[PDB]
There are 2 protein chains.
Amino acid sequence: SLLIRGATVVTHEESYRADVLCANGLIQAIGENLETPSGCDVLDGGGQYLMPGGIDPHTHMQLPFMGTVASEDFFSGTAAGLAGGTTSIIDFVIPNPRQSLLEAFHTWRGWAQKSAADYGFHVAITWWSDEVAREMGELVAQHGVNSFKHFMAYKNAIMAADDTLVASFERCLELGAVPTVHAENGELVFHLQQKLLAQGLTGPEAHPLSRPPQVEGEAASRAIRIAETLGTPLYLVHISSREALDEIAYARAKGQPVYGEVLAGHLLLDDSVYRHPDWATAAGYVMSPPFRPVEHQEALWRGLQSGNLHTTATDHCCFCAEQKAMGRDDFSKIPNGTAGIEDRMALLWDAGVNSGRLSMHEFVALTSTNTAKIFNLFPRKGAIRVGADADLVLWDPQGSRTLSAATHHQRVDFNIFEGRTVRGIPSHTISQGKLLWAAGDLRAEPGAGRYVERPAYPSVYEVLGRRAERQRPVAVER
Amino acid sequence: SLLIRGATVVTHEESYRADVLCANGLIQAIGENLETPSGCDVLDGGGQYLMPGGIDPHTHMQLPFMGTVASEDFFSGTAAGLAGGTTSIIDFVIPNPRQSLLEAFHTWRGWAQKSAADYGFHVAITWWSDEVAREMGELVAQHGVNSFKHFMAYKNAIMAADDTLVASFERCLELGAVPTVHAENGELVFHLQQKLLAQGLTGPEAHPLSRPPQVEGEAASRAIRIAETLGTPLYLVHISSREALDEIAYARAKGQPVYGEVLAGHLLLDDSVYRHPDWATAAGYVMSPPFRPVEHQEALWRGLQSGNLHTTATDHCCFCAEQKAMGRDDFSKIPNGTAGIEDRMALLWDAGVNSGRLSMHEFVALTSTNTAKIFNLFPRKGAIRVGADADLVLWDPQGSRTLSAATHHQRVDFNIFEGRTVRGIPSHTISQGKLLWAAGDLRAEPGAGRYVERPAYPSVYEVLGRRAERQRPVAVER
Ligand SMILES: O=c1[nH]cc(F)c(=O)[nH]1
Ligand SMILES: [Zn+2]
Ligand SMILES: [Zn+2]
Ligand SMILES: [Zn+2]
Ligand SMILES: [Zn+2]
C-alpha cells in the first residue's frame, strides 16, 4: 500500500486537505490524518497538490505512419507519460484500408502489451464495408472499445469520405460508441499540397500553407453536422483553429453534445516555427493540424475557459530527425507528429494555472476528468474517490522543470518546447497505486500497464435517446 | 420611344422625382419635366415608383428534372415574370453528367430563344474532366457566361463532390467566373431519404425531414471554405436556414466575398406546409431546400437587413399536380420546385417594405441591383441611368393583388402563396424600353428577349488578385 499524507487533494471541482490511501490498485481511503496500515509506504505530500493522474486520450505509440514507425514505443511512451504525471493513455488502432479492424486491434494489443501504465484504444474507421460494421460491434461488445476515430484528411490513404462518416456514425449510434474525428478537409489539403509542390515550395514552411485553418473549420463543421443529423455525440481531436472552435461552440449552443480536444502545442506555439532556417528544426514541428497564426492560440485558450474545449491530449507521435528527413525534398512526406505526453500536464499547469487563465479544478477537468467522463471511464479514472483506480499525480506548485529533448524521457530527439521552463511540476506519479515517478526517478516497468476497457453508452446516449424518441418522424394520414 | 412621366424614381440608394425617357432599348434621358420626342408614347407614373425591373438570377424554365420537364417554358415563364415586374432572368444550363457543356449550352440557348424578356445562363458543373475545364473557358470567353453552378446535393445525379468543387472553383478563379452553389450535403440527404422511406415515411412531410437545415448549413460552410481556400468569391443560391446564413455572415466577417440569395418562399413559409392534410397541397411546396421551421424566416429577414443576404430570386421550377404526383408513393420522386417569378417583387414589397423591415432602396438592391453587381451586369441592368437597358417597373404602392394559381400567369396549377393579398404591385413593366405589362394587360411576345452576356472578372476579382499578390508564399532560404 501507499499512503499519500499531508497533500491538498485537488479535484475537478474542489480542493481539500486529506490523506489518500492506495492498495490493490485502488484508492482505499480518503480523509484527514488517515491511519497507516502496517508496512504501508508513506509519501509526504505536504505543500503539494494531489490530483488524478493525467489521461492522454490521443497517443500514437510506435505507430506505422507515413512510411516509418514512430520512434516512441508503448513502453517508452507510457513511461515518459508517467514521468510527466500522465497515468493512462488512449491510443489508436489504425487499420489499413481493407484491413480487418479486429486483425489490427489484436496486433496493436501485442504492440501495447509493453505499456508501463494503463492504456486503451480508439479504433479508426479507415474504410467501410458490412464487415467493418460487424467488427465495430465485436470491438465494442468483446474488446472494451467505445470510440471510433475517423480521419477526414489523408486522402488516398486512411481518409473517410462523407459516405463512410455517415455509415460509421450510424453504427456508432447503434453501438453506443463515441465517434471521434480528425477534422481537416482532405480534398483541400491534397489540392494545396500538390499546388505548393508544383510551385517548388517543398520546405516545411509550406506545410501550414497546405492546410490553413479554414480546412479544419470546414471539416469540423461537417463532422458536427453529420453527428447532429444522425443523433450522435462527437469528439473532435486536436482542435487548433478559431474556425473549428467556433463550430464547436455553435453546436454546443444548439444543445449538441460536441467535445473538443486541444494540444499544448496548439495553445502555445504559432506557425512561425515552420519558417525556422534550420530544416530539421522546422520539420520537428510538422504535424497535422499544423501550428497556427497567433490569434488561434488566444481563441483556443478562450475555448478552454468557456467550456467549448473539454480535454487536453498530445497526439504523441514521435519521429526523430532522420525520420522527419524523409521529407527533406517534399514537406508532404515529412512524417507528421510531435511529442508531448511527458510535457502536457506541466505545460498546461504553467501556462494556464499560473497565469490565472484556469483554476486548478479546471486543470484537473481538462487533464483527466473530462476525458474520463466523455469516454465512460469516470469515476474509475479522473476521480479521487474510494474505489477509483489509484492513478494520481503529486504536484509541486513551486517546482521547476526545463523541457529539453536532451533530458526528457520521450524517445525522440526533438521537443517542440525545447528550452521552456515551467513552474509547477509532477514530483511523483502513482499508477495502479504504485509509485512509478519519484522526484526524477522513473520506475516504469515494461508490461505493467493494463488494457482498459471502456463501456459503451456513456450517459449522453441516454439524453439523445429521449430526444430521438421525442422527435420521431410521424406520418400524416391522408 | 416611351416616356414615363411624373413618377418617383427609386434606385438602390435614393429616391427623386424625375421623368424617364426610353428609346432603342435604352434609358435615353432622366430629369424633371423632360420634353417628349415626337410620337413618343407617354406613361403617366403619377403617385407611383419607377424602379429598375426585377432580375431573377435563379429560374429553371422548362427544365428536364426528376423524370419530367417543368411545365413553365421560357416564354410563359419570362412573360409571367414581366407581369410581376421582373424584366430579366438568369437560368441554368444543366448538362447531364458526361455531357458536353457547350452542347448543353446550345440546347438551352435553343429552348430559351422563345423568351419574352432578356435572359442569361449560369452553367452547372455536373461532372469534371479536362474537357469540362476547357469548355468552361469557352463559355466565358465566347458565350457570355461568367457564373458556374454546382449542386452539392442530388447524389447519383448532378451532385459535385469536393474534388469537382475544388477543380471547378479553381477554374472559375482562372476565368474570372463566379462560382455558385446549391448547398445541401448530398450524402446526408440521400441517407435520410432512404432511412425515411425504409421507415415507411413516404409522404411530403418526410421531405423536410430528409434534409433538415443543418445539411444546408454544412454544405454552405464547405462551399464557403473551398472558395476561401482557392481565393474565389462565392454565391450561395436559395439560402433557407439560419445555419447557412450564419456561415455566410461568418465568412463575410472574415473579409470573404460571399453572396447569399433568398426566395420569398423561404422568407414567408414554414415547414408546416408539408403536413397539409391534402397530399397535392403538401406536394406543391416540395422543393429543395425545403421550407423551414419558423425561426429560420426571421433569421433570413435579418440577413437581408444586415447585408448578409444580397439577392432575391425564385428558383422558378414549375411542376403541376400530375407531375408532383410522380412521387405520390415516394416523396423523393416528387419533382422538386415551386413557382415564383411573377410573385417575388410583390411578395417582397408587401412583406419587406410595407412592414418597415426594408427601405424601398433595399428593395431595389435586393430585387435587381445587387444581382447585377454580383454577376457583372451593373449598370447595364439594375440601374436607372442614361445608357442602361430600359428595364423598368412602375410600382403602385396602393395597388392590391391576391396571389392565386387560378389567376397568375405562371404556367403551373399551384401557387405557394395561394390566397395571399399583397399591397404594392407592378402596374407596368418595361423591358427593352417596351411596355410589356400594363394594368392587367400582358404583351409578351415569343422570342422578343435577348440573350444577355455577362463579362468575366467582376471587380471583386481585382481585390482578390491584390490579396493573392500580398499573400504569395515565400520559401525559407536554407
Ligand atoms: O500529426 C498527426 N496527425 C494525425 C496522425 F494520425 C498522426 O499520427 N500525427
Ligand atoms: Zn489527427
Ligand atoms: Zn493523432
Ligand atoms: Zn437549387
Ligand atoms: Zn434551382
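We name chains A, B, ... by the order of the sequence lines, and we start the count at 1 in each one. Atoms within each ligand, like the ligands themselves, are counted from 1 in listed order.
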Query - Chain with most contacts to ligand 1, per the PDB entry - result: D-hydantoinase/dihydropyrimidinase
**Report entry** ligand 1: which of fluorouracil, gaboxadol, edrophonium, isoniazid
**Finding:** fluorouracil
Query - Chain letters with a heavy atom under 4.0 Å from fluorouracil (ligand 1) - result: A
Query raised in the report: Considering only heavy atoms, which residues of chain A annotated by UniProt as substrate-binding lie under 4.0 Å from fluorouracil (ligand 1)?
Result: A:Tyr154, A:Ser288, A:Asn336
Requested in this report: Taking only heavy atoms of A:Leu63 into account, list the atoms of fluorouracil (ligand 1) that are under 4.0 Å away from them.
Outcome: 8 (O)
Query raised in the report: Looking only at protein heavy atoms, which one is nearest to atom 9 (N) of fluorouracil (ligand 1), and how far off is it?
Result: A:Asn336 O, 3.2 Å
Requested in this report: Check each heavy atom of A:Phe151 against fluorouracil (ligand 1) and say whether those closer than 4.0 Å belong to the side chain, the backbone, both or neither.
Outcome: side chain
Requested in this report: Could you find the nearest protein heavy atom to atom 1 (O) of fluorouracil (ligand 1) and give me its residue, atom name and distance?
Outcome: A:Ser288 N, 3.0 Å
Report task. Please list every residue in chain A that UniProt marks as binding Zn(2+) and that has a heavy atom under 4.0 Å from fluorouracil (ligand 1). Result -> A:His60, A:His182, A:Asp315
Query - Ligand/ion neighbours under 4.0 Å, fluorouracil (ligand 1) - result: ligand 2 (zinc ion), ligand 3 (zinc ion)
Query raised in the report: Which one of A:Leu263, A:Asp315, A:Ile94, A:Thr338 has a non-hydrogen atom at the shortest distance from atom 2 (C) of fluorouracil (ligand 1)?
Result: A:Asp315
Requested in this report: Tell me which part of A:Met287 gets within contact of fluorouracil (ligand 1): side chain, backbone, both or neither, using heavy atoms under 4.0 Å.
Outcome: both
Requested in this report: Report the nearest protein non-hydrogen atom to atom 3 (N) of fluorouracil (ligand 1): residue, atom name, distance rounded to 0.1 Å.
Outcome: A:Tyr154 OH, 2.8 Å
**Report entry** Closest protein heavy atom (residue, atom, distance) for atom 8 (O) of fluorouracil (ligand 1)
**Finding:** A:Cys317 SG, 2.9 Å
**Report entry** fluorouracil (ligand 1) binding site, heavy-atom cut-off 4.0 Å
**Finding:** A:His60, A:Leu63, A:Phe65, A:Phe151, A:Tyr154, A:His182, A:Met287, A:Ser288, A:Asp315, A:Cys317, A:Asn336, A:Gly337
Distances only, to 0.1 Å: what are the N or O pairs between fluorouracil (ligand 1) and the protein that fall under 3.5 Å?
unit_1                  : atom_1 : unit_2   : atom_2 : d
fluorouracil (ligand 1) : 1 (O)  : A:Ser288 : N      : 3.0
fluorouracil (ligand 1) : 1 (O)  : A:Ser288 : O      : 3.3
fluorouracil (ligand 1) : 1 (O)  : A:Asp315 : OD2    : 3.3
fluorouracil (ligand 1) : 3 (N)  : A:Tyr154 : OH     : 2.8
fluorouracil (ligand 1) : 3 (N)  : A:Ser288 : O      : 3.1
fluorouracil (ligand 1) : 9 (N)  : A:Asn336 : O      : 3.2

